[PDB]
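Heading - bortezomib (bound form) complexed with Proteasome subunit beta type-1
The sequence lines fix the lettering, A, B, ..., with proteins before strands; numbering per chain opens at 1. What you see here is only part of the deposit, and the contact count is restricted to that part. Remember, it's 1-based here, ligands and their atoms both numbered in the order they're listed. The figures here come from the full heavy-atom set of this structure, side chains too, leaving out hydrogens, waters and symmetry mates.
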Amino acid sequence: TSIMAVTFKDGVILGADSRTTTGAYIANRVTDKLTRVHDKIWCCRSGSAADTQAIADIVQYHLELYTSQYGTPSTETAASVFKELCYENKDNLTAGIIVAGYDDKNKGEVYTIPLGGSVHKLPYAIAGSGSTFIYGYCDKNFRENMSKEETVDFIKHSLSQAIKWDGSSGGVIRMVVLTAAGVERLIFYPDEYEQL
Amino acid sequence: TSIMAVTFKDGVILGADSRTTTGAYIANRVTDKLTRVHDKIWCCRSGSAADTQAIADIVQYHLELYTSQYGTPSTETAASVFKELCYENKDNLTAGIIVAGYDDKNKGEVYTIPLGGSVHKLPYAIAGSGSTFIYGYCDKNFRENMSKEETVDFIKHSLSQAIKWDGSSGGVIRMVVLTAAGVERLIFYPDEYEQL
Amino acid sequence: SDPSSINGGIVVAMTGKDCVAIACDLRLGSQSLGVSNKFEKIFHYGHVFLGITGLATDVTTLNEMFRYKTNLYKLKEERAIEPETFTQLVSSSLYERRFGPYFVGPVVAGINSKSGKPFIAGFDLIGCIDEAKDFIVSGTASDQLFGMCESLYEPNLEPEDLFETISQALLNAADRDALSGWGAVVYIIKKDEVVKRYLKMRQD
Amino acid sequence: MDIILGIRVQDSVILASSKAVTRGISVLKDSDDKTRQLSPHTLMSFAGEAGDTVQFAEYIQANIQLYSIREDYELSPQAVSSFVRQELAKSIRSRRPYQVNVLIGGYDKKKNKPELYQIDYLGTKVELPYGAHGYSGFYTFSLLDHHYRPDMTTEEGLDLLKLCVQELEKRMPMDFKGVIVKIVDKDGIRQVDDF
Amino acid sequence: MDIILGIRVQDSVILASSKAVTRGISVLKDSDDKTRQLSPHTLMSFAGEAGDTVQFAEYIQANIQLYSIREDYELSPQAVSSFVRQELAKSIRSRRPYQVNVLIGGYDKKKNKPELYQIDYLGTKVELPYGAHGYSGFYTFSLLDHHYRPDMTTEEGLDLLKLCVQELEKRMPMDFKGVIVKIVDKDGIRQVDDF
Amino acid sequence: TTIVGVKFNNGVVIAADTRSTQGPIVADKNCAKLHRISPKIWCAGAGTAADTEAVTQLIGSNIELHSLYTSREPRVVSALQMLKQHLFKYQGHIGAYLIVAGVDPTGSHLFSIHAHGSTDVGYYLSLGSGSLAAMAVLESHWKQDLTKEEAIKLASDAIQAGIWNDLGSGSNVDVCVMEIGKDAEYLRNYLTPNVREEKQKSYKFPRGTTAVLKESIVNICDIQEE
Amino acid sequence: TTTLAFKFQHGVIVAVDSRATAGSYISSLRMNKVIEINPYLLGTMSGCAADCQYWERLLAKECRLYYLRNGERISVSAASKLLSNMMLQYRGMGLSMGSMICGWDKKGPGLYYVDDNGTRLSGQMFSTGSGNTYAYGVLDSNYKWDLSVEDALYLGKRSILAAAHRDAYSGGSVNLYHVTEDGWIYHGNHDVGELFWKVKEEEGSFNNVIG
Amino acid sequence: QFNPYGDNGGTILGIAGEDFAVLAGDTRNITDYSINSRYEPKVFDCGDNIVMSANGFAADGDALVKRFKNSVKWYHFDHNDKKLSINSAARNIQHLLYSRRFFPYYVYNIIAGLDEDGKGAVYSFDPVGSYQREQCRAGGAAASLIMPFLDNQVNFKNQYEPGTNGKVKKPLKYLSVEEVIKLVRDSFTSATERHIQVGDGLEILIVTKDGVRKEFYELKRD
Amino acid sequence: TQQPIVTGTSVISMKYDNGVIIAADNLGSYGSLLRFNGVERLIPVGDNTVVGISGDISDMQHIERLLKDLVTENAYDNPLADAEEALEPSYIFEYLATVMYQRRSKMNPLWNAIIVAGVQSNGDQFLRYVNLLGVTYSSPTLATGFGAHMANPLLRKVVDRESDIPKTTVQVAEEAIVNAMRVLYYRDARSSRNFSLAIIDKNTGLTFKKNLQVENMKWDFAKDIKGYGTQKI
Ligand SMILES: *[B]([O])([O])[C]([C][C]([C])[C])[N]C(=O)[C]([C]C1=[C][C]=[C][C]=[C]1)[N]C(=O)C1=[C]N=[C][C]=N1
Ligand SMILES: *[B]([O])([O])[C]([C][C]([C])[C])[N]C(=O)[C]([C]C1=[C][C]=[C][C]=[C]1)[N]C(=O)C1=[C]N=[C][C]=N1
Ligand SMILES: *[B]([O])([O])[C]([C][C]([C])[C])[N]C(=O)[C]([C]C1=[C][C]=[C][C]=[C]1)[N]C(=O)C1=[C]N=[C][C]=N1
Ligand SMILES: *[B]([O])([O])[C]([C][C]([C])[C])[N]C(=O)[C]([C]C1=[C][C]=[C][C]=[C]1)[N]C(=O)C1=[C]N=[C][C]=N1
Ligand SMILES: [Cl-]
Ligand SMILES: [Cl-]
Ligand SMILES: [Mg+2]
Ligand SMILES: [Mg+2]
Ligand SMILES: [Mg+2]
Ligand SMILES: [Mg+2]
C-alpha cells in the first residue's frame, strides 16, 4: 500500500494506490483507499482492510452525530476520534491511517496516525509498505504552498516510484482534492504514471 | 549501512557511510566500508563486518595471486571470485557487497552481489539497510555518462537522505573515485551534507 | 541437571606466614541423596596440592590424569613439579577441552621448594587462572565461602592460627549449603611438614 | 532395570537384585538374573536402560576373562572396579552413552577382605559398606544406617537384607517380583536359592 | 487411583477396588476404600485424579441421599447412573473437569435384578455384565470373556474375581496392595472381610 | 570489564580495570587483563577470561616463532591478522574481545578486534561492559596531537568512568605504554582507588576453638633409603 | 523436610525437622513446622511455607469459631475436612501443602493426612516431605501399638534423625510433641548435630560415619 | 512479552539484641550492570517503634511498605490509638503478602523492633507471606555471603572452648549495640568486596525504648 | 501487554545549586527508521515542573493529556491554584508513579521511562525517575535508556554526591548536559542532532529552550582512517 496526503496553497490533496493483496495474490486491483468520513474530511487507509473499514465507519458515525449537535467538526477533531479508536484498541488492530481535511479557518491540514495510535500533525505525510521507498524523494521534492498542479505532479511522481518498487502497491493512482471550491476526484492509469 | 557505486563518463565512483552498530549502540562512527581488493578494483561492504572483511581479504589474496600469474584481472573476474565465496557459503554468511572497478578497455563497471550470492551488472547500484529510502530518489536522478562533479553530487545527495532516515547509517560520507587518472579518496562531513 | 551441582562439595585454600592451608568437605551425593561421607577432594603430587570440586566422575578422572602427567614430568625433569608450573599444566589441560569441558572447580595450593614462597590458585572449568594472594574458594557454597573468607581472613597468620580461620570459614559455609558437609578435612602445609586434620561437624 | 542392593559384611559381600523385566505395560519375566561373574571372586550386578545393561556387563566380563587368561592371575576387586569406572567415564562423553549403573562385589584373596564398589553411569565410583542405585537407597539406607555393623556375619547380613526388601515391598509403588541374592566370599560365588 | 473391577452375576453385583494410595514415590496407605454407598442398594466405586475422586463421589452421594429423604423412595440403579453420567458430561466442558471414572453396582428391587454400569470421566455410560477402568480391563477381560456366565452364583463370581486379581498381580508392574471386595444384592451392601 | 586504547604523538597506550565476575559475584579483585603478545605488542582483553588469555598466548607463541624465522621484529598487523582469522574460524564461540596495540618498524598502531573476527582502526577505542562509560569520556576529552602524559591521563580517566559507573568493572587500573624507539613500560596497578578500609574487629580465633577428630602426618617425601 | 506422626496406645507422637531451603541454599536452620491450632489439635507443615502457615492458621480461625458456635471442640475428622475443602477451592492454582492433622477427641486419638490435591486420609502412621522414605524405614520396623510414651517419643525423634542425615533438604533440629486426652505436650527442640553424635554412641548406629 | 518484575539488587540485615534491635541495608539501587542511585533509602521508620525494609523488586517493596504504614495508621483509628506490637505487625504483614499469592510482591522483607517485654525482636518474611521471629537475618542479594558469618559470630556456631576439644561449646553471651554495629559494618564491607550489587552506602536504624536512631557509613563505590 | 511502536530515546537530567536541568532530543523513531523529527518530549506542568518522557510516543501523548487534565482539575474550586495550592513536582510525580504501577499491575503498562524535574515551594530541588514497572528512584543525576550508560558517567563527574550540588552552577551544569547530548549523538543510533532543554531555577523560574543543535563536533580525524587493518590506500 502506498498512501499520502499533501497540504498546499488552496487546501489539501490525498493520494493512494489501488492494490489489495492476500500474500502475493492481488485480491482487488481497483481498491478505493481514499475514504470519506465527512464532507471535506477524508482519510487514507493502510494495513488491515477489515480493521480500517470498521474504524472509518465508526468515525463517520461519530462525526455525523457530532454534526447534528455541534455543527461541522474540525479536522483535528476527526483525527482525535480516529486516534481514540486506534490507541485504545491497539492490541487488536493493524491500521495505519492518514487524516486530511479542509476548513475555511484552518485551511488544509494533515494528521498521520501510525500503528501505536499516536497522532502527528504534518505539512505532508506518507504511509504504507511502499512509502519506505520514497522517503528520500518526498523529502527532497516537497515544498510548502505549492499550487494544485504542482501538488498533483508531486503525488503522482511519488506514488509512481512507490508502486514501481513495492509489490504490495499498484494499479491506478487515486487522488482526492479538498479545497473551498469543493471535492474533486482524480484518477491516473498505469500508461500515464509508469513512463514518468 | 548505506552504500552505492555509480558509473560515469570517466569511470566509476564508490560511496558509503561510516556507521557500525551493535543494536542501537554505534560501535564505530568512522568506519571505512570502501575496501580495496586490487589497484583499481574496490568494493562496498554491507551486512556482517566479520563476514565481509574475511571475504574481502580472501578475494584480495586470490586477485594478488591471479596478477602474479596472468596479469591484471578484470572487474568481472573480481566479481566472480566474490560471488563464488558468497554463493557457496550462503548458509553461513551475511554479506551484501557491491564490486566496482576501472579498466581501460571496459572503463567503469559495477556489479552488485546481494545475500543469495547472485550477480547483477548495473549502471549503478545501491545496498544496505539505508538504501531502501532512496530507491525513488536514485531512480529519478540517475543519468548515464554524468561528469565527475555531477556523480559526486548524486552520491552525496543520495547517501545524505539514506543517512537522514536510516538509524543504522550515519557519520561521514566516504567516496572513492576510479578513473584512468588514478585513485582519489573523498570525504564529506555532517555539516556539509545535512544542509542539502 | 546442572553438572556442577549434582554431587555437591566445596574447597577453600588460604595463604599464611610461610605456610598455606587447603580444606574440603567429604560429601558426595546424588542431588538430595547423600551417598558417601568419605569422598576426599584434595590430592597431592609431591608437595603440590590440588583440590577439585564439581562433577565427581571428572574429579576422579582429573586426579588420575594429573597423577599420570606429574609422574612423567618427574621422570624426565628429574625433579618434582612446582605449584607455579603445575598451575599452568592444569590450565593447559582444561582448555584443551574448551568445547567439551570437565565440569570442575580446581584449586592449587603449595609452597615453592626453592623460593619458599606460599602459592595458591583457582580455576574455572576451562582453565582461567585466578592467582590470589589471600584465598581461593570453589564449590556449591562458593558464595558462602566468599563471605566467610572476606570477613575472617587476615594476612600473615601463623600455621596454628590459619588452621582455625580456614576451618571456621569452611564449617559455617557448609552449614548454609544443603549439598556440602558430612565431614571435613584441613591440610596445613609448611616447607617440609604437612599436617592433615579431620574436623568434627554436624552430619545433616 | 529397577532394584540392586549391596552389603559388605565381615567375610563376604552380598548382592540382591530384582527379578522383574517389563515391556510396555506387561511384565515379561519374573526370574531375571541381573548379574555377571567377572572372575571367580568378583561379581557385578547392574541396572539401567534396556539392552545397554547386559551388553555392557558382558563386554566387561569378556575383558576381565581375557586378562585372567593372559596373565594366569585374578585381578583385585579394586583393579576391576577402576577398569569399569574408566569405561563408563569414557562412555559418558560418547555419541551415545551407555546408561548403566553397577555394583561390584568381590573378595580380595590377597588382603582377605570383602569389597563393595558402587559405580553410576557417569563413572562415579565409591567404596562402601552398603550401597544401592536409583530410588532403592531412599527406602533402605535408614535401616542400614541403623542396623549395620562391620563385624556382622553372613547370616546377619541376609536378615538385614530381608528387612530392606520388606520395606521396599511395603513402600515402593512398583512390583519388582522379589530379588535374587548372591554371596561372594573366599570360596567364590554362590546363590541363595531360598529368599 | 488405580484399579476398579465390577461383575454382575445372577443375583448380585460384586465390586473390587485397590487399597493403595501413592504420593510421590511413597505408598501412604494400603487400606483405602475407594467406594461410597449412594443408597441402601446402590454402591459406587471410583478411580481418577487425586482429590477429585472423593469429592465427586461424596457430591453424588449427597444428591442421592437428598432425593431419598425428599421422596421417601430409593432411586433405581438406572436412574442413579443417568444422574451421574449427566454430572460428568456437564463436567467435561467445564473450566476444570473432574477427572473421575466410576462403576455403579446396584440391585433393582422393583425388577429383582442386579445391574452394573460403567461410566468414564467424559460421561460415557454402558451397562455391562462385567467392567473395569484404565488398564485393568487389558489384563482381566480375556478371563471374564472365557469364564463368565449370567447364571453364576455369588461364590462363583468371587472365584472368577480372585483369578482376575491373581492375573493382575502377576502381569501388572504396579503393586496395588490387594483389593477390597463388596457385594450388592437384595439384602443390601456387605463387605467380604477375607480376600 | 573496561578496556581502552589511546594513540598519541610518538606511540600508543592501553589500559584496563582488574575485575572478574561470574553473575553478580566477583571472582578476582585484581585480575590482569593486559597481555603481552610480543615485547612491544600488547593487547587488552574483554569477554571470556580463559579465551582472551589462550588466544593471546597462542598468537604470541606463533608470533615469536615468526620473528625468529624472518629475523625481524613482529608487527601489529601480523598479530591482528592471525587473531582475526583464528576468531573468525570459531565463529564467535571463542569469546575474546581485544584491543591490540603496539610499535614496530612500520610505526605505532591501535586496533580493536571482536569475537566474530571483525577488526577496527582508530585513535581511541573501548571494549567491554563499561565501554560506554569509557567512550563517553573519550568522546568528551580526546583531541589530535596528544602527548604521552595527556594520553595516559585520558586512558586512566576512561577506565575510572567504567570502574565507578559499571558494575561489571572495578578495583584498579592497569596501563601499558608503547612508545616508538623505547622499551614498552607495563604499569601494573597504575591507580589504586579502591583499597578496603580497616575492619572494625579482628576475627582471629582462640587456638582450640575448632573440634578435631583425627590428626596425621602426610608423607610428601619420596621413598627413603635404608 | 521430614515430618511424621503416628497413633499409639498412649495417644499420638508428632515429630518434624526444622530446615528450610531456597534451592541449595539453607535459608532457615530453625523453622517451626508445627502449628498449635488448639490445646488438643496439631498441624504439621511440608511444602510451601507460606501456604502451610496461611491455610493452617486460617483452619485455626475456623476451628475456633466452631467452638464458639457449638460450645464444644471440633473433631480431628471435621478439622481435616475443612482444610481439604479449602485446598479444593484453589484446585490446580499451584498451592503446595502437605500436612497431618493430629489430635485427641471423643473417638480417642485422631490422625489425618491432607495435601494440596484435597486428599484426606485417616491412618495410624504418616510421614511427609522430601525425607519421608527414610523415616518410614525406621518407623515400619520399630512401631508397635504397645509402645511406652518414652520409647514412642524416641522412635519419632530417631526417625527424623535418619532422614535429616541422608536427605540434604532435611535437618537443623527436631521438634517433638505428644498428644494426650489432656492436650498436646511439647517435648523440646533437639539439635541434630548434637543428637546425631549422642545417638551414634549410645545406640551404636551410624557405624559407617566417623566420630 | 511484558515482564512485570525486575531486580533492583540491594541487601539487608536485621539483628536482635537483648534490649535493642538493628535493621541495616545498603543504599545502592541498580538494574543489570548500571547504577540508578548511590543513595536510595531502603529501611523505613513505620511508626510505633517499628522499622521495615522490603528488599528485591523496588516497586513492590515501596508498595508494601506504603501499605503497612497505612495499616498502622488505620490500626490507631480503629482501636483507640493502641500501639501496634511487633508480633501483631508481623501477622498483619503476612496477610498483606498473601493477598497477592497469585501475583506476589517480589520482595524479601524484614521488620525489627521490641517485643511487649522490652526485648529485641526481628521478624523475617518470604515473598508469599511465610514469616518467623529470629535473632539474626540477612536478606537480599548478598544474603548467602553474610548469614554464615552471623551464624559464626552471633550464635557462635562451630565454636568450642579451648582445651576441651569439641566437648564444651562456646557459651551464648549477649551482644551490645556497639558490638552488633561492628558485625554489621564488617558484614557489608565484606559483601561489598565480593558482590557487585552491594556498595555505595550503608544505612543502619537502631531501635530502643528511647526510639529510632539512624547511622550512616560510606561503602566502596565501584 | 504490548510492544512499543513509535519511540523516543534518552532523557537526561541533573541537579545544580539553585535548581534542575533536563533535556531530550526531538526524534520519534519507528524501529530503525528515524520517522518523526519534530517531537517534543519535555512537557512543562505549570511554571515549576518539567516532565521528560522516553519510550512509546502514543503512551507519552496519553500522559501529556493526563497532566493537562490534572492542571484543569486542580484549579476547580481552588482560589489558591496559582499560589499556595498550585501543583508541586512531588504531587505530579507521585500521581504518575501511581498510574505507572497500577498499569503494570493490570499487565497493560505505559511503555515509558519518565523523569520529573522541578523545584518545590520551599526552593528544594526535585528530581525523580519512574518507568513502566512502577520502579522509582532519585539521584543527583538521572537518565533513561542510553543516557543511563553514557550521560550519567559524565554528569556524575560534575555532581558525584549530594555535597557537590551547592558547588555546581547553572553554567557548568548546562555545559555538562549539552556535552552529554553531543556524546549521545555520536553513539546512539536512535538519536537526533535537534533537542530541547529546560531549566527550572528557584530564582529565575522556568526557562524552556527549543530548537537546540549539537555543535562543535569532531569528525576531521576520520580522513586518516583507512581500511580495517592492513589497507594503506
Ligand atoms: B495495503 O497493502 O496496506 C492494503 C491497504 C488496505 C486498506 C486495502 N492492505 C492489504 O492489502 C492487506 C494486507 C496487507 C498488505 C501489506 C501491508 C499490510 C497489510 N490485505 C487485506 O486486508 C486483505 C486482503 N485480502 C482479503 C481481505 N483483506
Ligand atoms: B551496515 O549496517 O550494514 C554495517 C556494515 C559493516 C560492513 C560495517 N554492518 C553493521 O553495522 C553490523 C550490524 C548490522 C546492521 C545493519 C544491517 C546488517 C548488520 N554490525 C557488525 O557487523 C558489527 C557490530 N559490532 C561489532 C562487530 N560487528
Ligand atoms: B570482563 O567482564 O569482560 C571480564 C574480562 C576477563 C578477560 C577478565 N570477563 C569476565 O570477568 C568473565 C565474565 C563472564 C562470565 C561468564 C561467562 C563468560 C564471561 N568471567 C570469566 O571468564 C570468569 C568467570 N569465573 C572465573 C574465572 N573467569
Ligand atoms: B520442606 O522442605 O518441605 C520445607 C517445609 C516448609 C514448611 C519450611 N519447605 C522448604 O524448604 C521449601 C523448599 C522445598 C524444599 C524441598 C521440598 C519442598 C520445598 N522452601 C520454602 O518454603 C521457603 C520459603 N521461604 C524462604 C525459603 N524457603
Ligand atoms: Cl479496502
Ligand atoms: Cl568494517
Ligand atoms: Mg507494484
Ligand atoms: Mg466407559
Ligand atoms: Mg541432611
Ligand atoms: Mg563498578
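Every copy of bortezomib (bound form) considered, the relevant parts of the structure are ligands 1, 2, 3 and 4. Other chains making heavy-atom contacts shorter than 4.0 Å with bortezomib (bound form, ligand 2): B, F. Within 4.0 Å of bortezomib (bound form, ligand 2) on heavy-atom distance sit the residues B/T1, B/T20, B/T21, B/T22, B/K33, B/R45, B/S46, B/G47, B/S48, B/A49, B/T52, F/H114, F/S118.
Per the PDB, the name on chain F reads Proteasome subunit beta type-2. When heavy-atom distances are rounded to 1 Å, the UniProt active-site residue of chain B nearest bortezomib (bound form, ligand 2) turns out to be B/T1, 1 Å. In the entry, the organism recorded for chain B is Saccharomyces cerevisiae (strain ATCC 204508 / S288c). In this PDB entry, a covalent bond connects bortezomib (bound form, ligand 2) with B/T1 OG1.
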